[PDB]
Amino acid sequence: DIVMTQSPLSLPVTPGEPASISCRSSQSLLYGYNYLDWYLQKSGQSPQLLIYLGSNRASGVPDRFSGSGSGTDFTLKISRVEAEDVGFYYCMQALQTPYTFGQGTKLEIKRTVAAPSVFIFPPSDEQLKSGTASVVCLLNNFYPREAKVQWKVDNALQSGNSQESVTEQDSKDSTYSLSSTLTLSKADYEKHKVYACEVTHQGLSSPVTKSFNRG
Amino acid sequence: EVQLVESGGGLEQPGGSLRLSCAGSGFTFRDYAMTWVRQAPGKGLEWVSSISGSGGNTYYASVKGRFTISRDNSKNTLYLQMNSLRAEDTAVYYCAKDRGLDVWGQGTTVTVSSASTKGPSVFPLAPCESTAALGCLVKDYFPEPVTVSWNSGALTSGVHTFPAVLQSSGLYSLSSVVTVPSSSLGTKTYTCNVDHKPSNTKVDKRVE
């Protein structure tokens with residue numbers, strides 16, 4: 001097959017600055033007809049055509065995106081990046097079956113530091129009934145992505161009994177959000193009183209703690 | 001309005017089979033080559049197969065003698081017969097309009113696994129000062145995906161539906177949350193609308 005080599009793999013950009021992505025093929029794709037396309041896939045969406053046949057923009061794709069190149073060497077440029085541009089960009093050869101794609105480039109948006117708003121949720125009575133307690137902590141709308149969540153139960157530090165998930169960077173405000181779930185048996189839940197989620201983040205002068213008390 | 005709508009994804013054990021369909025609207029279906037592309041959980045894009053406008057020519061990636069691409073122009077429908085399923089076949093499969101790939105379906109999920117279908121339990125997330133949060137915890141389901149909207153789709157601002165995490169049990173859990181003005185908390189309704197098609201489970205839960 002034709003190998004498609006794409007770089008960089010990660011592309012941090014502040015809105016209004018340009019961005020460039022290169023794609024190098026292991027064989028010429030000039031059949032002025034270069035069979036190379038550019039696709040973008042935003043979080044949770046299908047891929048969408050940005051450029052086809054090297055340089056031709058898909059129907060509603062704006063001026064600020066362009067494709068150029070010939071032979072084995074191609075470049076997607078975005079002359080001015082917007083927050084909504086966040087996503088993964090892939091090059092693809094349609095010269096020959098099998099169509100093959102680059103490794104993909106993650107375009108990340110840079111913005112100012114933003115402290116999470118933090119919230120703790122108790123387990124529902126509904127849940128408690130079936131014999132399990134999930135306690136949830138939410139860090140809403142923060143930047144940058146690195147954040148530390150520390151669960152505490154009657155002031156004991158927990159480890160090994162939580163899981164965390166992080167949203168993809170928001171396309172409006174370029175923040176992330178994170179949810180961490182502490183899972184305990186109902187029996188354990190009922191042994192202890194004080195449940196706390198402590199959050200450390202760049203935007204926070206000192207760690208923020210949210211808590212509740214089982215009664 | 002050119003549109004591709006896929007269905008027929010779901011869960012099967014390895015060696016099993018699944019049929020995917022992709023229905024086209026708003027163009028002459030017969031005039032175009034049609035293509036299947038897949039994306040494995042957390043991976044990039046990978047070409048699977050193509051079929052010409054007439055269905056006279058077919059092309060295949062690893063799928064050679066397991067998968068069959070076909071089309072029925074009379075219904076404007078593309079097909080991917082998937083037999084002898086393997087673990088590596090687990091992915092979101094997109095349909096795309098070909099001879100760039102200018103229009104793509106929404107995708108349909110295919111999971112190949114020893115594990116069986118299980119519908120989720122949905123639990124409210126609510127406080128035990130200007131902004132408040134509420135959510136739904138969608139616990140212990142298999143396979144992916146689940147869909148979550150709020151207020152039947154009327155609430156989209158401040159919603160975050162988190163990636164599911166695989167629990168040690170081998171079942172997924174996810175939360176979906178929205179932040180809202182605290183002052184509205186007495187008078188407005190917040191309802192999460194959860195759908196897990198593989199188990200035919202739908203739940204509307206008004207979170208108080």
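To find a chain, count down the sequence lines: A is the first, B the second, and so on, and within it residues start at 1. We read in the header that X-ray crystallography, 2.0 Å was used to get this structure.
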Chains A and B drug: dupilumab
Chain A, as named in the entry: Dupilumab Fab light chain
Chain B, as named in the entry: Dupilumab Fab heavy chain
